[PDB]
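Chain naming here is simple, since letters A, B, ... match the order of the sequence lines and numbering starts at 1 in each. Whatever order the structure lists them in is the order used to number ligands and atoms, beginning at 1.
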Amino acid sequence: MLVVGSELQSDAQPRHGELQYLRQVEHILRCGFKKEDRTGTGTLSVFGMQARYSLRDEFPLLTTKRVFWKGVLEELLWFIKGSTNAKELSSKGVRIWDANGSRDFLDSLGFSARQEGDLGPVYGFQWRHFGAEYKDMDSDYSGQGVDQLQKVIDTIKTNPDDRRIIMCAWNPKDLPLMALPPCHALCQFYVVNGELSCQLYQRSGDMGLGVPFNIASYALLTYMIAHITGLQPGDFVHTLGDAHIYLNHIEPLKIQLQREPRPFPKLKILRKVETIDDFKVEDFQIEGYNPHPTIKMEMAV
Amino acid sequence: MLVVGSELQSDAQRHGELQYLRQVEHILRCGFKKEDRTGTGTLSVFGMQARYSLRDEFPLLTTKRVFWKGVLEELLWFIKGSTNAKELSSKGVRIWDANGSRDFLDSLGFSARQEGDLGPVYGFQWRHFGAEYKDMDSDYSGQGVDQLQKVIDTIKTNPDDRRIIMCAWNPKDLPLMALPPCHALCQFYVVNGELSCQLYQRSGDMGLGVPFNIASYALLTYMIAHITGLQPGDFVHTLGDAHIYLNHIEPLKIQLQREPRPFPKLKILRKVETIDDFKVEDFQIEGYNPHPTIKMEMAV
Ligand SMILES: Cc1nc(=O)c2cc(CN(C)c3ccc(C(=O)N[C@@H](CCC(=O)O)C(=O)O)s3)ccc2[nH]1
Ligand SMILES: Cc1nc(=O)c2cc(CN(C)c3ccc(C(=O)N[C@@H](CCC(=O)O)C(=O)O)s3)ccc2[nH]1
Ligand SMILES: O=c1ccn([C@H]2C[C@H](O)[C@@H](COP(=O)(O)O)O2)c(=O)[nH]1
Ligand SMILES: O=c1ccn([C@H]2C[C@H](O)[C@@H](COP(=O)(O)O)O2)c(=O)[nH]1
């Protein structure tokens, strides 16, 4: 039968961050329903989940399997620069978007004429140029559309009480040009007691592959914005729509659920950075990260 | 102290209604003081979720009567694409009149705008996302993305799709809105022939708007389930800044001591084929035996 580490206890929906994730996995295995999907693989699925990860002197990079930190960091810097060229990320040894920008994938979507790598008007473009007319991944979009990311930063500084501190990549007008509509549809920031928190609405979560990387990604973004606004990191709240385990991840996750978590690492920012675009890979240091080995989770395409 | 009905038990995230009451309890117990736009002040928590079954019941709160006439009229008004508060007010539903008032509009710099013109809010975004807003009574036929109809068509053709979203949050249009949407987006989901809906609500006035909003999205899900031949499943309510305005604390403490009753049922009285064809007379709420309304003032 399904056997799990004794520390999970009740999986039913802060402290002990990693257990929040492992309990969601357990809950989907135990209570999820079979749901067919776009890729033809099949999933077990639950609709509507929420987990809270404290960011207060800890950073939620999972320890029950090693997570691809280099990729998390490169990807987020790539978003920040407004990039939608998967080849530019791949040149940093981070190949996570290559499959979606491939000649054969793009062709399957009917995007014959665009260049390989061109993901269309996805996060980088929507976060920094929302509403601008997308042309291609090489076009200069300087001063075009809404720079949501800077606006969030400016609002946190001037009116931290504001309940409208949102960055949204879901753009119905642009959806048909995207190689993958965004899994992270929107995030909201919140300030109380000198702490910055972030909530992600993730419409679709591949619990074995993307979700651990995604948690680390928004935790990092929150650390970055906290740094620039002179706040301390608070909580990362992870909300999921279709939370799913692909059938070929069931056995790998069952290995993972039996591993003892270790304490989370810390993230250090190594200098005073004044603006979000000035961050560089050399500015960050993960300390004390002691994960169990990688478990291969294949990507369904 | 805070005293509450015995059936709430643990407020940590039987009845669907108890999940609302437990949220309210939780904010009073654990919430932090936070100042706000209206000047009123709140007790606040960031990030909550609750799940309301829609299976042979309808989540209209029984611990305090909820303005059902207004829920229904408002949703019909959204579906028509309207952003004109006067057209809702004419139905006896005044819930948007303050936001559309001469004085409030002027407070935002919209002195040249007609009273009642809420800007490019829900009706416009749901039916015309991406179109260029002019004014509330302009002709937007065929302009922008009809997200509502796209949702319905996707549920019919590809119920497993993980992209079935309607989003009112439009960064380009926000400066023209009299109030940026409290309901930023919603997502639909299908499994085992049941339709569920999740709402992302960025800001929830727990005393006033949130009970009304719960009923709004439940009703939407009932409508869409009907048109698509599915059964209603769950309504999942997700909150950003979940707050209690200071002048609602004592009214909500009254509420929390009332005994919940079973939820009512919602009946759809005829076969309706298109979303646009629903009318007030197509619905009946049966078995609604609430405790009396508690006045919760609207801030700003
Ligand atoms: C079905 C699917 N699931 C996903 O999670 C997904 C994620 C992305 C983008 N993304 C956010 C990521 C893609 C791959 C990642 C990753 O962490 N890879 C690790 C582990 C690989 C493995 O275990 O197979 C690595 O490459 O080392 S993180 C794109 C398409 C997707 N499609
Ligand atoms: C601060 C604020 N809180 C709100 O909840 C809010 C809600 C709307 C829109 N909306 C969705 C609603 C407004 C009023 C409602 C309502 O249920 N009214 C009842 C109860 C009134 C009362 O208790 O004072 C009614 O009119 O009978 S529902 C607009 C601005 C807002 N502003
Ligand atoms: O950062 C991301 C990008 C995507 N996905 C997953 C969710 C789905 O398994 C798949 C996207 O497929 P659709 O939901 O669009 O079908 O990738 C993630 O988990 N995180
Ligand atoms: O349907 C709605 C509309 C608004 N609000 C509340 C939340 C806030 O109390 C207020 C909006 O104020 P801001 O969050 O925009 O400041 O109205 C709701 O609860 N539901």
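Of the listed drugs (lotrafiban, raltitrexed, namodenoson), the one at ligand 2 is raltitrexed. Most-contacted chain for raltitrexed (ligand 2) in this structure, per the PDB entry: Thymidylate synthase. At a heavy-atom cut-off of 4.0 Å, the other chains in contact with raltitrexed (ligand 2) are listed as B. Here the protein heavy atom with the shortest distance to atom 17 (O) of raltitrexed (ligand 2) is B:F212 CD1, 3.3 Å. Judged by heavy-atom distance, the UniProt dUMP-binding residues in chain B that approach raltitrexed (ligand 2) within 4.0 Å amount to B:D205, B:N213, B:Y245. Counting only heavy atoms of the protein, atom 4 (C) of raltitrexed (ligand 2) lies nearest to B:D205 OD2, 3.6 Å. Entry annotation: chain B, source organism Mus musculus. Of the N or O atoms in B:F67, none lie within a sub-3.5 Å distance of an N or O in raltitrexed (ligand 2). Summarising the contacts of atom 14 (C) of raltitrexed (ligand 2) with B:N213, B:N99, B:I294, B:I95, the nearest heavy atom is found in B:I95.
The shortest contact between atom 20 (C) of raltitrexed (ligand 2) and any protein heavy atom is with B:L208 CD1, 3.6 Å.
The protein non-hydrogen atom at the shortest distance from atom 5 (O) of raltitrexed (ligand 2) is B:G209 N, 2.9 Å.
Interface of B:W96 with raltitrexed (ligand 2), defined as ligand atoms under 4.0 Å from a residue heavy atom, comprises 9 (C), 29 (C).
The protein atom (non-hydrogen) at minimum distance from atom 32 (N) of raltitrexed (ligand 2) is B:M298 CG, 3.7 Å. Closest to atom 1 (C) of raltitrexed (ligand 2) among all protein heavy atoms lies B:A299 O, 3.3 Å.
Closest UniProt active-site residue, chain B versus raltitrexed (ligand 2), heavy-atom distance to 1 Å: B:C182, 6 Å.
At the shortest separation from atom 24 (O) of raltitrexed (ligand 2) among protein heavy atoms lies B:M296 O, 2.4 Å. Residues with a heavy atom within 4.0 Å of raltitrexed (ligand 2): B:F67, B:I95, B:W96, B:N99, B:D205, B:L208, B:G209, B:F212, B:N213, B:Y245, B:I294, B:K295, B:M296, B:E297, B:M298, B:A299.
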Distances under 3.5 Å, N/O of raltitrexed (ligand 2) against N/O of the protein: list each pair and its distance.
unit_1: raltitrexed (ligand 2); atom_1: 3 (N); unit_2: B:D205; atom_2: OD2; d: 2.8
unit_1: raltitrexed (ligand 2); atom_1: 5 (O); unit_2: B:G209; atom_2: N; d: 2.9
unit_1: raltitrexed (ligand 2); atom_1: 23 (O); unit_2: B:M296; atom_2: N; d: 2.7
unit_1: raltitrexed (ligand 2); atom_1: 23 (O); unit_2: B:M296; atom_2: O; d: 3.0
unit_1: raltitrexed (ligand 2); atom_1: 24 (O); unit_2: B:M296; atom_2: O; d: 2.4

